A.B. asks: 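Entry of interest: Integrin beta-3 complexed with tirofiban.
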Amino acid sequence: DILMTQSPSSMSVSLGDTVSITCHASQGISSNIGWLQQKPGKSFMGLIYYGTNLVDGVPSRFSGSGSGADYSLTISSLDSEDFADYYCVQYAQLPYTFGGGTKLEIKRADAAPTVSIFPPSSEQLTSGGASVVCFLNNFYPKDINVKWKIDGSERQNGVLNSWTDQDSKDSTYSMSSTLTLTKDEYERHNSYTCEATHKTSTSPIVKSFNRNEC
Amino acid sequence: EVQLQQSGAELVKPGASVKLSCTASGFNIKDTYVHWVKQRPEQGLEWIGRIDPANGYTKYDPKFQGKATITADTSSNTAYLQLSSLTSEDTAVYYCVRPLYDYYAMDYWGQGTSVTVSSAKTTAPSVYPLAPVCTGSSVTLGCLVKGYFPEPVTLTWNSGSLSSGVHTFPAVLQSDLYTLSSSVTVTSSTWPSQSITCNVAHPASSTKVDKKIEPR
Amino acid sequence: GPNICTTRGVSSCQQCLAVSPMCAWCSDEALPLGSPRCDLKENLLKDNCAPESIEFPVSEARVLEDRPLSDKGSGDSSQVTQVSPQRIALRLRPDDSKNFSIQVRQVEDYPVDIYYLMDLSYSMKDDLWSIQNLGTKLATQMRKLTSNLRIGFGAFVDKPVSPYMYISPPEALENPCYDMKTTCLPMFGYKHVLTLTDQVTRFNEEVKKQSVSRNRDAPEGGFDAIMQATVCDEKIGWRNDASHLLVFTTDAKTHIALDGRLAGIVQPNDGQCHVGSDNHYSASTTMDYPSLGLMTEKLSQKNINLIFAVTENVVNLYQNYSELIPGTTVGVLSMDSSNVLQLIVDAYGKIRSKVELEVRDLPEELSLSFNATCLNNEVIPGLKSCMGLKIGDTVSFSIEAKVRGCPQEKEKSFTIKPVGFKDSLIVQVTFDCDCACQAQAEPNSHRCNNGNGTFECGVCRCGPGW
Amino acid sequence: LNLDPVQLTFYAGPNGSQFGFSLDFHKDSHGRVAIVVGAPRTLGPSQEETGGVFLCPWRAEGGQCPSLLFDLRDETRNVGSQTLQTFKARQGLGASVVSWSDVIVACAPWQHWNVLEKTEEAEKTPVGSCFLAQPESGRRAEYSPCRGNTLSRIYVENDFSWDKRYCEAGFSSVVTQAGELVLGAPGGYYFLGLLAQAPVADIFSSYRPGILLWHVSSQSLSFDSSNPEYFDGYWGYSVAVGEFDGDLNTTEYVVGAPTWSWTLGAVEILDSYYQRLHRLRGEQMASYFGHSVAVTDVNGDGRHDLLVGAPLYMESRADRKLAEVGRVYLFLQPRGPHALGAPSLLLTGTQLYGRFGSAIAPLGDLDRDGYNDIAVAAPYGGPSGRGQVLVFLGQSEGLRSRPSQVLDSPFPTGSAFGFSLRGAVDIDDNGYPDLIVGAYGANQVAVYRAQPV
Ligand SMILES: *[C@@H]1O[C@H](CO)[C@@H](O[C@@H]2O[C@H](CO)[C@@H](O[C@@H]3O[C@H](CO[C@@H]4O[C@H](CO)[C@@H](O)[C@H](O)[C@@H]4O)[C@@H](O)[C@H](O[C@@H]4O[C@H](CO)[C@@H](O)[C@H](O)[C@@H]4O)[C@@H]3O)[C@H](O)[C@H]2NC(C)=O)[C@H](O)[C@H]1NC(C)=O
Ligand SMILES: CCCCS(=O)(=O)N[C@@H](Cc1ccc(OCCCCC2CCNCC2)cc1)C(=O)O
Ligand SMILES: *[C@@H]1O[C@H](CO)[C@@H](O[C@@H]2O[C@H](CO)[C@@H](O)[C@H](O)[C@H]2NC(C)=O)[C@H](O)[C@H]1NC(C)=O
Ligand SMILES: *[C@@H]1O[C@H](CO)[C@@H](O)[C@H](O)[C@H]1NC(C)=O
Ligand SMILES: *[C@@H]1O[C@H](CO)[C@@H](O)[C@H](O)[C@H]1NC(C)=O
Ligand SMILES: [Ca+2]
Ligand SMILES: [Ca+2]
Ligand SMILES: [Ca+2]
Ligand SMILES: [Ca+2]
Ligand SMILES: [Ca+2]
Ligand SMILES: [Ca+2]
Ligand SMILES: [Mg+2]
């Protein structure tokens, strides 16, 4: 099968910028390539077919180019609607194959995350479980790491993470991390910590608490 | 206008089978090829196969050979994708695709059919209030919605009142049951001065529990 | 008493004869003034007119060549007589008529040419097997009817050009049966195989080496082959004095004129021979199929009897074509040509079961009538064709020629010939309208108004210029 | 009657190009009349016959014409694990040309096509193709509705149903007033013959170079058949349009099938959904009844009338003998919803092999008497066999039985003078409709200007 290496995985840009997505095939496909657009939480829209031909209804600010095994989708003057996912697909050979994808994200000034830790509720503890929740809200860029430390020692089993799409208002990202232990195991230890590592600070942002103590 | 209108979201058990539909709107399904594409967050887009509804001849990626069966009924102007011996990995979004002009292109896409394979029964969520620990100018509360099935759930604060400054995170599958959470941020003069309630509705089990956040 | 000859009041001997075939003229000098010199021949002699001065032509018809009808067409270098008499002299005066007879015989043991023109498309693959001893068995059966049999063989498929011809893959050109599990010949339009010969085993052995080809559409290009087998006299080998049987066998419809445009061919068929030393029809891919009218013209020109030996599924089609090409015979060919032998023998008998008279070069002023005598001395008036005849039978026709007035040319000749026959009756007509006394006239006669007139046949005529 | 046979205008193309095989009048956006001339054996780039098109500006002197350029390069596309191939050698570009609005449609009925998939193939066959041009803008488009990508083995396994591989699309052509191109494909459906229609605007808007296989969703194709009456009938040998059902909002098609029903021949009138409304059967087998069809109202009742040429009709003569001279049939459209009856008039040629009826051109109203007229071609008629064009004038009862004027070929023997005709257009703007006559055998076109009576 023909591998479609699409680059970059993502890019942070602003309105009016001229950006270019590239797609490399494992062999010559002679312009038998299409470009796709998937707006967040919605279906797909055809942009280009056969290398350079616009799909009916697509603005001319979109354009496709390339030959052999190297192709490019260029968007001149980005519009607020253009921030979405983009995929290349080759149909030179069966089976058809797609690229990894490219996400256009809004660029803005860096922003440190607001960290907040939350001990298990009374209700959950009386049922036999225990979950410590750590909220990391409104930060930029998206690249971030969360580390759970029980009594200062890292913990990786039982962690459950979830991220939000780029916010519409402030164009920031937010993350949620939930460590779930049993009630019995939760009481074997005292200190619970979540460390946030973001490029806005060389030192990790730390927030923690101690069981029983309040 | 060309429109591909697929079937509703399917919720099935492992080992069973499901038949998705893709109905042509504003054109004859017999006109062009009809493809099927599988989408997953990690694995990405995957081509399943195609059918010529005019004659019923099909093509398949050898990966899906066995599980995927593509058929079409020109009478009802509909194409079908049947998936057999379902597995957790078959949980994905499925699209039917047809070209615009180029015989071999992939230009028009249906809205997509959601498929979720699980043995979980209709389980109601467990709502837990998230109060901070025993200081600043801004305060952040939370609400945990653990162990429900299937999706989705609606989460508001004070019955849609407190909307701005809220982050409801996407659900995550935890051992055949979903887990969701949401945070809200206001000033210190607001809480605990003003009652803040987490309203969680799970229409599947028809439950609307509401937990009030209480300090420690 | 006075008749139309006198009451007309003629001026000259010529005008007298033009009144009626019964009128006569007296050129005698000693004739009373009141007595008319244009009356019945009996009245002139009654009026003491010198018999030598009487101009009274009598329409006659005497035979010049009257060879007897042959009892056998065998032997001789074609000294056979099948029409008697072969030549007569006919003399007619104005508005008169005369009768004469003609005998036509279907002579026994007459030489026969049989050229086997065969569809060799893939649908005829099994037919080839049936006819591997045909030349032998056909010689055995025709030996009872003729001692001078010559046979030959030709083959056709269709125009070797797309879309009739498969042109892919490259192997398909060398072997059209490539996509199947067999081999067949490359496509060919028409190829001459065997010139007409009395060596019938040549037919068998040539046929044993023949094989079929294959093309894309069911209608085949046999009409191209019929044209070439007709107009390529020297190559096919037709004999001057022989019955020409062109046996056309096929199991399919046929392409016709203006079909060639589906191959980009628009040039009309020229009706000329295009089969060279390689024995293939070289204009197959550059010249359109011939039209029914053009085929008819050549078949008639070369005295070729075309036989449609076709299968039941297309008999009606070819019967309908046969009606548009007179003289054509149709026979029902079995699905493997296993019955083609008896089919040919019956066609030959049906071909020689008719005698139809035909008139060539008849003057405008001459009209003819025919009384036919067929079967057993049974006169059939107004008929010039006999049917239901057998080899050896003889028929006869009574003929009457009627001339209207007198034509400018006094000597013309025309031909009575049966359809498809070699021999014919030549009628040499002479129009006796003038008088012998005119050849001895007297221009500027002293007897006619002081030289202002001419004295001929005993009277004075106004000279030239008056 | 009033065509000028003294002062002609001659256009000419290269030798052996068959310049004048097809022709048509063409008006530009400004209403200026030109003459589009097809030359289906014009040499291409590889010194091989591919055909060609010429756009002749109107000049009383005539002369040479500039080419209307089209892509003559063979095409290859490797897509979908297949190889698409077009072959333009001997394709016959210009075997038919037709003009509508400011657009020219020139077709290559013998353009070949093939699809390769590993060891298998679709087979190299003449699907035909048409080329569209907007000369003033330079816009180009193609239309080849019978191209497919089905492998040969599949047609065998399905008993050769819906087999459009030998269509020869564009063999004949016509465009409705609404701008819908209608192609004759006499080889479609294994030589039954089919029709392909698509709006010109959609042909242009859905075409892109290098695709080779694309969809024109608004197109409409006729249907295959199992009735042997249609086998080898060459349905679509000739085509024409007109109004025959009383509904002015619908356009009716007229299709010639000159070998329909075992070469009896036929002409069918159908609606835009290819549903049969009328069928005229040939009078005589192999006469090629339906070789040409013409639609025009000749008796001035506003109802379109039908003319059918059978150029190989054999007239009966004395002593039970037939003579091929050709025949033309006139069918007057009856008032209201009724079937076309027996022919209202029979016109029969006189010259042996003259092929009277090979082409029938509506002339409009030539002598300006209120009745439309026609020209009939006998490309090998006349006392010399050089070819003749005969003008018949319309009248309240149909057509005159005797020609008002005869145009003898000005070209040498073999020019096929009259093989293509076109009238009903005033090219010199004198208020009288004129006649252009193609003579591909001499690679020339003659223009006859109508003059005051
Ligand atoms: C070879 O040539 C023969 C001879 O011409 C053709 O046979 C003819 O085929 C025609 C079309 O199939 C037939 O026309 C029909 O005549 C019918 C009844 O009249 C006939 O009466 C004669 C008495 O002489 C009989 O032989 C016949 O059997 C019939 O009884 C009509 O009823 C018939 O129906 C009409 O159809 C037409 C369409 O064609 C409609 O317009 C009309 O509304 C009505 O439905 C039709 O007119 C003709 O009878 C027939 N002749 C003979 C002698 O059989 C073959 O078709 C030709 N074959 C090939 C392969 O070329
Ligand atoms: C079956 C195709 C080729 C047959 S062949 O190789 O034996 N050639 C014959 C001629 C022939 C061609 C076609 C044919 O069937 C035509 C099939 C028509 C079926 C179509 C008709 C239109 N509707 C769809 C089905 C029959 C004979 C030979 O003698 O070389
Ligand atoms: C053909 O036979 C007809 C009779 O069927 C002949 O016509 C008759 O000829 C005799 C001559 O003795 C007349 O007495 C009759 O009055 C004629 N009958 C007619 C004219 O009806 C005719 O002469 C014969 N013609 C030929 C050429 O043989
Ligand atoms: C003409 O007919 C008569 C009988 O009426 C016959 O005696 C005579 O022989 C015929 N003439 C010829 C030349 O045969
Ligand atoms: C071909 O074209 C030339 C013009 O170059 C012309 O003079 C000639 O007569 C034509 N015929 C042949 C046989 O060359
Ligand atoms: Ca054939
Ligand atoms: Ca056989
Ligand atoms: Ca209408
Ligand atoms: Ca009318
Ligand atoms: Ca008029
Ligand atoms: Ca004019
Ligand atoms: Mg055959």
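Heads up: chain A is whatever sequence line comes first, chain B the next one, etc. Following the PDB entry, chain A shows residues 1-214, kept in their order. Residues displayed in chain B correspond, in order, to the PDB entry positions 1-134, 138-219. What you see of chain C is 1-466, where the numbers are those given in the PDB entry. By the numbers in the PDB entry, the shown part of chain D spans 1-453. Below, each value reflects all heavy atoms present in this structure, side chains not excepted, and no hydrogens, waters or symmetry copies. One-based numbering, in listed order, for ligands and for the atoms of each.
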A.B. asks: Provide the full list of ligands or chains belonging to tirofiban.
C.D. replies: ligand 2
A.B. asks: Using a heavy-atom cut-off of 4.0 Å (strictly under), which other chains touch tirofiban?
C.D. replies: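 The other chains in heavy-atom contact are C, D.
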A.B. asks: Using a heavy-atom cut-off of 4.0 Å, list the UniProt Mg(2+)-binding residues in chain C near tirofiban.
C.D. replies: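 Going by heavy atoms, UniProt's Mg(2+) binders that qualify: C:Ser121, C:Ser123, C:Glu220.
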A.B. asks: What is the name of chain D as given in the entry?
C.D. replies: Integrin alpha-IIb
A.B. asks: Hey, are there any other ligands or ions sitting under 4.0 Å from tirofiban?
C.D. replies: ligand 12 (magnesium ion)
A.B. asks: I'd love to know which of the UniProt Ca(2+)-binding residues in chain C sit under 4.0 Å from tirofiban, measured heavy atom to heavy atom.
C.D. replies: C:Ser123, C:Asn215, C:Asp217, C:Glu220
A.B. asks: I'm curious, any covalent attachment for tirofiban in this structure? Which residue and atom?
C.D. replies: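 As deposited, there is no covalent site.
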A.B. asks: Is tirofiban under 4.0 Å from a heavy atom in the side chain of D:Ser226, in the backbone, in both, or in neither?
C.D. replies: neither
A.B. asks: Which residue from C:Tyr166, C:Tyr122, C:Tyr164 reaches closest to atom 3 (C) of tirofiban through any of its heavy atoms?
C.D. replies: C:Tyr166
A.B. asks: At less than 4.0 angstrom from any non-hydrogen atom of C:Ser123, what atoms of tirofiban do you find?
C.D. replies: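 The atoms of tirofiban under 4.0 Å from a heavy atom of C:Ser123 are 28 (C), 29 (O).
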A.B. asks: Is it true that C:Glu220 lies under 4.0 Å from tirofiban, counting heavy atoms only?
C.D. replies: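 Checking tirofiban against C:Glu220, which is what was asked, there is a heavy-atom contact under 4.0 Å.
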A.B. asks: Is atom 15 (O) of tirofiban less than 4.0 angstrom from some protein heavy atom?
C.D. replies: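 So atom 15 (O) of tirofiban lacks protein heavy-atom neighbours under 4.0 Å.
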A.B. asks: Write down the UniProt domain of chain C that holds the majority of residues in contact with tirofiban.
C.D. replies: vwfa
A.B. asks: Look at atom 8 (N) of tirofiban and say which protein heavy atom is nearest, naming residue and atom and giving the distance to 0.1 Å.
C.D. replies: C:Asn215 O, 2.9 Å
A.B. asks: Decide whether an N or O pair under 3.5 Å exists between D:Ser161 and tirofiban.
C.D. replies: no
A.B. asks: At less than 4.0 angstrom from any non-hydrogen atom of C:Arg216, what atoms of tirofiban do you find?
C.D. replies: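 Contacts of tirofiban toward C:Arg216, numbered from 1: 12 (C), 13 (C).
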A.B. asks: Could you walk me through which residues contact tirofiban, taking a 4.0 Å heavy-atom cut-off?
C.D. replies: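 On a heavy-atom basis, the binding site is C:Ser121, C:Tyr122, C:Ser123, C:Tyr166, C:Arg214, C:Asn215, C:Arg216, C:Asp217, C:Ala218, C:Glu220, D:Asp159, D:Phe160, D:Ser161, D:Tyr189, D:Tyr190, D:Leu192, D:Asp224, D:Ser225.
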